[PDB]
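Structure of interest - contains SU6668.
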2 protein chains.
Amino acid sequence: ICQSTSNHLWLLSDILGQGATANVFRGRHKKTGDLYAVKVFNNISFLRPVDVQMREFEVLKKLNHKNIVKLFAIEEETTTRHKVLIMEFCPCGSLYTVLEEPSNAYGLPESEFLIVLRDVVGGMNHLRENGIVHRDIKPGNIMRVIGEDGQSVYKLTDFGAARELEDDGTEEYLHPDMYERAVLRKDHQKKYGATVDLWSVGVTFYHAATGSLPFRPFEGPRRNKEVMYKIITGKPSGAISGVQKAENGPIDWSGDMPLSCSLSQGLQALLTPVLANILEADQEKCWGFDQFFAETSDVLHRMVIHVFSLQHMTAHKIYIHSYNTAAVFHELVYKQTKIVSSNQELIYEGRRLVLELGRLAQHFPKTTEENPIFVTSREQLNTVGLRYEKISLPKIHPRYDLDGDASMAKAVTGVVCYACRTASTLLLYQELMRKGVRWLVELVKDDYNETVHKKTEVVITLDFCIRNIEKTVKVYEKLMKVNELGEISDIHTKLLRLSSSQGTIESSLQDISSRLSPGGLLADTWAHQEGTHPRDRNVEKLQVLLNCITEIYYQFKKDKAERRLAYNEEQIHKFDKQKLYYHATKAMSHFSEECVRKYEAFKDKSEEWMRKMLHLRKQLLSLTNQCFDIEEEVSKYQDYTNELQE
Amino acid sequence: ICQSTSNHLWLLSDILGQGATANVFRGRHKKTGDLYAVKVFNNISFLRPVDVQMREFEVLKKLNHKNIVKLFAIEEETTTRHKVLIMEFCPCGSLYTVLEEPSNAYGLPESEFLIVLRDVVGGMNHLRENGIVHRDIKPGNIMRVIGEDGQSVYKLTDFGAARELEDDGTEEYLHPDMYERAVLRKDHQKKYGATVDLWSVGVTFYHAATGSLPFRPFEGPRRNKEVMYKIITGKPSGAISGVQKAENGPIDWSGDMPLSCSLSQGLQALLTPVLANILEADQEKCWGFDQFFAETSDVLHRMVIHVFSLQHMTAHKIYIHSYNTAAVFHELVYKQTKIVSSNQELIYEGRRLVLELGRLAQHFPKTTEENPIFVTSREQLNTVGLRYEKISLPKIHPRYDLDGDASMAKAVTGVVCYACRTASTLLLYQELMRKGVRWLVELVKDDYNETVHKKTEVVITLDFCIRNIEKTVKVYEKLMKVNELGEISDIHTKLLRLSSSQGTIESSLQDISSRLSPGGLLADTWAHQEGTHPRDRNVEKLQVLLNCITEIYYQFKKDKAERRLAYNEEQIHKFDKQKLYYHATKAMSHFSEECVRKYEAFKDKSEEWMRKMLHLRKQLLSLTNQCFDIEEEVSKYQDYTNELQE
Ligand SMILES: Cc1[nH]c(/C=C2\C(=O)Nc3ccccc32)c(C)c1CCC(=O)O
Ligand SMILES: Cc1[nH]c(/C=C2\C(=O)Nc3ccccc32)c(C)c1CCC(=O)O
């Protein structure tokens with residue numbers, strides 16, 4: 001059973017989005033066999049002239065952009081003659097489809113979010129610079145296509161259909177006050193349309209970023225409209241999220257992102273301000289478009305430099321503007337890591353990194369987040385570590401309920417997913433920690449060697465001075481046997497008094513070097529005994545359990561779509577439910593008792609090694625400065641004056 | 001290609017009303033084969049629990065009333081599982097269907113309108129006394145069924161479906177002000193729902209009564225919403241119709257029904273007040289339901305007495321309350337015919353009608369409008385005649401345009417229909433006029449005969465008096481020869497002086513009677529020479545032409561539905577268009593030059609005969625009173641006193 005046009009055809013089973021004013025199906029071009037999404041305008045629609053439809057056709061074909069779904073044709077159903085719209089097929093689904101994956105239960109991965117921002121604001125810009133302003137933007141009408149390079153492109157749809165077939169042909173029978181309601185409607189195109197879309201856009205961004213809606217009552221926005229209405233309008237500026245955690249409880253207020261959100265500290269820091277005034281409901285403090293575009297463009301144009309604080313044990317994504325200096329870079333690294341520019345010490349691929357007041361970020365060392373710029377202070381601060389939300393498994397209702405079971409499975413799958421992500425990140429922190437530590441000890445060894453070079457360099461100077469004064473005193477006490485032994489003995493005594501200090505440093509250094517040998521004291525062997533390793537394969541164990549859980553979830557989903565099951569099918573469903581319980585509980589017990597525990601042991605040791613290393617560094621600097629002091633003090637003895645002769 | 005349930009089945013071609021939120025089809029019960037209207041809830045709908053649907057099922061089955069469409073079942077589509085509603089099939093269509101007939105182009109026939117009132121207010125009452133208030137009532141959702149007795153029953157539908165699937169799942173992405181629009185929506189159930197329906201109801205009543213909407217801009221309510229909105233709210237109280245006849249012209253204002261409306265003067269007089277305050281947009285001067293129900297019930301309970309004014313040549317439907325007196329009846333006949341109670345003279349089936357201060361309307365002579373109560377004054381007033389609108393044929397666009405041709409054909413058919421109605425009514429006025437005239441002359445003859453009976457009755461008295469006094473005077477002038485001749489001669493002379501007057505009346509009467517003979521002067525032969533007759537068959541000639549025109553109209557309608565024609569088909573269409581022109585023009589030329597002309601000749605003669613008859617009546621009354629005078633004057637001579645003797 002299929003519908004058709006001149007050049008297209010589609011099965012009724014091949015339905016897609018399914019709207020009210022129309023429907024969208026997966027169809028094919030009958031000549032090529034290519035795939036297109038067709039939009040049949042249900043069973044009302046057409047009584048409108050061909051002129052308007054062709055001018056709208058024409059104005060809609062000018063829409064040739066990356067972030068807008070292409071409109072290939074306007075056509076007519078064969079045996080029904082009600083309009084169909086030939087548009088681009090997007091096999092991946094929409095942003096809503098992406099968000100419904102339990103892997104994105106707590107927000108999209110950062111790169112994907114950046115892509116979403118870029119795309120949505122792009123389609124918005126291209127839409128506004130031409131005709132039509134997109135009234136409402138949601139995940140539902142933001143389609144996803146996979147580009148030729150593998151990474152997604154998001155496209156705006158549903159904007160031309162601004163048809164007003166609602167009201168309540170009851171037009172010519174209405175009481176004047178329904179017309180006054182229509183007055184209350186038409187006051188929106190004034191300005192509440194060039195700033196009213198931005199609300200939906202902001203809510204969308206928050207949804208994709210956190211994996212949750214910004215404003216949610218006790219058990220759902222729609223499932224309770226009153227307190228929803230009461231929390232939406234009653235919200236003050238700066239606040240980006242209001243949550244009613246309790247039944248008839250109040251509201252939790254936050255101008256920051258949820259702890260569950262794993263978006264980088266920098267991106268988040270650049271994102272919360274835009275969400276603040278895009279979520280306002282009064283006047284010019286709601287920015288308006290142009291400033292929102294300028295700002296979002298500013299954010300999206302930036303390049304990221306990955307830096308890792310070995311002191312706080314924290315990873316960092318620095319959002320620098322590529323064309324801006326290294327000064328503002330140090331000020332950013334400061335802004336996140338609370339260590340001021342002068343204190344900052346950089347490491348890259350086993351060696352120091354040194355840059356100046358105005359080295360632009362373009363020529364900066366290319367950083368991934370497995371090989372970033374390590375950064376350390378000199379000012380003894382505590383470790384901080386990963387900041388994640390501690391999400392526990394929801395209770396698995398001892399029951400039978402295909403819908404409730406599907407939802408529960410979704411929840412559990414999402415939680416276990418967050419667990420895997422967290423474990424992976426923790427392993428990464430431990431790895432970057434180990435490598436960074438090894439580089440740091442190697443580097444301290446470098447500084448040591450340089451110091452020794454200096455010390456010996458001044459020791460040969462002291463030596464030549466002393467044995468030269470002895471040479472002269474000897475070849476004079478024998479030649480002109482006569483005596484001023486006072487002066488030469490004084491300065492000789494001075495040189496010896498320096499030699500003593502030299503000996504002191506020469507032993508103290510062998511001490512400092514002894515505690516950089518394998519032996520112990522400051523060996524990095526703790527990093528080999530503490531924490532978790534890739535060889536432990538905990539991430540992939542968690543991943544196996546997650547795969548089982550996900551299997552059971554998809555099965556429960558199809559069971560839900562089955563409405564009700566057969567006998568054996570039902571029993572299998574229950575068996576699988578308890579199996580899901582065991583998988584989940586096992587996974588989380590492994591996360592806690594194996595990942596977090598050993599991780600925190602590692603972190604603690606890392607603190608109780610960072611203190612040691614910083615101490616030794618202070619010492620080494622101290623006696624290096626000692627060596628310089630000695631050098632310049634000995635430099636005063638190379639051309640000492642002599643008595644005037646006859 | 002068909003859809004199905006457990007007990008029902010329907011073709012997709014058997015579609016009916018076709019809505020947006022759903023669709024209605026003509027289907028059958030698979031076991032019985034009976035016809036039912038099924039309502040498939042399109043392709044969204046169901047995500048709502050069975051509990052609510054069963055409580056609504058239950059509360060909707062309590063709706064067992066004459067003016068509400070029965071709901072037989074709630075069921076489920078077989079291979080699609082989206083809800084279907086099993087309801088009563090109404091083969092005749094809706095009130096909209098009835099109104100789209102050109103015979104009702106200028107308003108429904110009166111009995112049908114009364115039926116519509118009764119029905120709509122009945123369904124409204126039964127709806128309000130239970131759950132649900134009908135938000136919007138239009139011809140579109142007022143179905144028509146033909147009862148067992150042939151006369152229609154109208155039923156309200158579309159009231160349970162108060163589903164709110166509009167707004168613009170964009171609920172949880174909306175700006176606070178759309179929610180404030182929702183606030184502006186929910187303020188309607190307050191009271192603007194128990195008085196907001198009455199507007200649509202009133203507009204409906206006006207639509208069915210006049211054949212046109214109450215408030216129409218230059219070329220359509222919908223085709224121009226601005227000035228529509230401006231005329232709806234800007235309307236003052238008492239005004240029931242505002243019409244923008246010109247393009248950008250102002251408005252014509254009327255608190256009365258259009259001249260085209262053929263509803264009786266009495267019904268109209270009872271209808272315009274209800275339409276006035278049901279079409280208000282502020283406070284308690286908008287009546288409210290209970291008073292509207294009480295009033296409409298008052299109107300609908302009344303019985304009609306048909307009366308015909310032979311003086312103004314006008315028909316009248318008197319809406320009396322059956323239980324009320326003949327006094328208020330005379331006051332009604334007064335209110336329409338401007339002749340006061342005492343003046344009114346009634347005739348029924350060839351004879352006088354006489355009734356008293358309190359003869360209730362139940363036992364009144366049963367009146368149709370072909371045999372009514374004729375009524376006449378005694379106070380010489382002009383004829384008025386039929387009051388109809390003078391509607392001319394629209395121009396038949398020398399062109400080719402299937403839609404425009406269909407519309408034009410509809411217009412022409414309606415106009416010619418109004419012409420036939422008007423001609424028929426005119427023939428009726430002439431017939432009632434003739435019959436009434438014949439009865440009136442026969443009745444005047446009655447009065448004459450009675451008068452003559454009286455006059456002779458007193459003549460034998462005068463005679464016996466005179467010849468008795470002569471007898472006595474003679475038998476005394478011979479017996480006691482002696483003389484008082486003065487007295488007897490005086491009274492004898494008096495009796496003779498009376499006899500003279502008697503002679504005068506006796507001749508004047510023969511004159512008055514001579515002009516009631518066939519001969520002439522006041523013969524009713526003008527009614528046989530002037531005007532139009534049933535034997536002329538003008539109504540059925542107009543009817544033949546109307547049938548041709550209607551044939552062409554239906555053909556043009558199907559041509560319009562064909563979108564475009566074949567070659568020969570097109571040529572035939574044009575030929576038929578010009579044929580339609582000739583039919584219409586011929587019909588109207590016959591109406592003017594044959595119906596109205598002779599009618600008005602008749603009417604004029606009727607005036608110039610009414611004056612004569614009233615004059616003769618005044619005379620006859622005068623000399624009847626003369627006869628009474630003479631009688632009582634002669635009664636003073638039967639026992640005259642005599643002289644006292646010894
Ligand atoms: C794969 C796909 N396409 C669509 C719809 C469209 C599509 O492809 N082009 C479009 C262009 C305009 C509007 C809708 C579409 C849907 C709803 C889905 C399924 C989504 C899902 O399974 O969650
Ligand atoms: C004959 C008929 N029934 C209907 C619809 C209904 C019907 O029968 N019961 C109903 C009960 C509830 C709602 C609609 C209907 C329509 C639109 C028409 C056609 C009207 C027309 O041709 O103008």
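Quick note on labels: first sequence line is chain A, next is B, and so on, each numbered from 1. We read in the header that X-ray crystallography, 3.0 Å was used to get this structure. We count ligands from 1, going down the list as the structure has it; atoms in each ligand are counted the same way.
All instances of SU6668 together account for ligands 1 and 2.
The chain in largest contact with SU6668 (ligand 2) bears the name, in UniProt, of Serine/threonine-protein kinase TBK1.
Lab note: other chains with heavy atoms under 4.0 Å from SU6668 (ligand 2) -> B. Result for chain B: of the UniProt ATP-binding residues, SU6668 (ligand 2) comes within 4.0 Å (heavy atoms) of B:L16, B:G17.
For SU6668 (ligand 2), the closest UniProt active-site residue in chain B and the least heavy-atom distance to 1 Å are B:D136, 12 Å.
Residue counts put most contacts of chain B with SU6668 (ligand 2) in the UniProt domain Protein kinase. The set of residues with a heavy atom less than 4.0 Å from SU6668 (ligand 2) is B:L16, B:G17, B:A37, B:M87, B:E88, B:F89, B:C90, B:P91, B:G93, B:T97, B:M143, B:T157.
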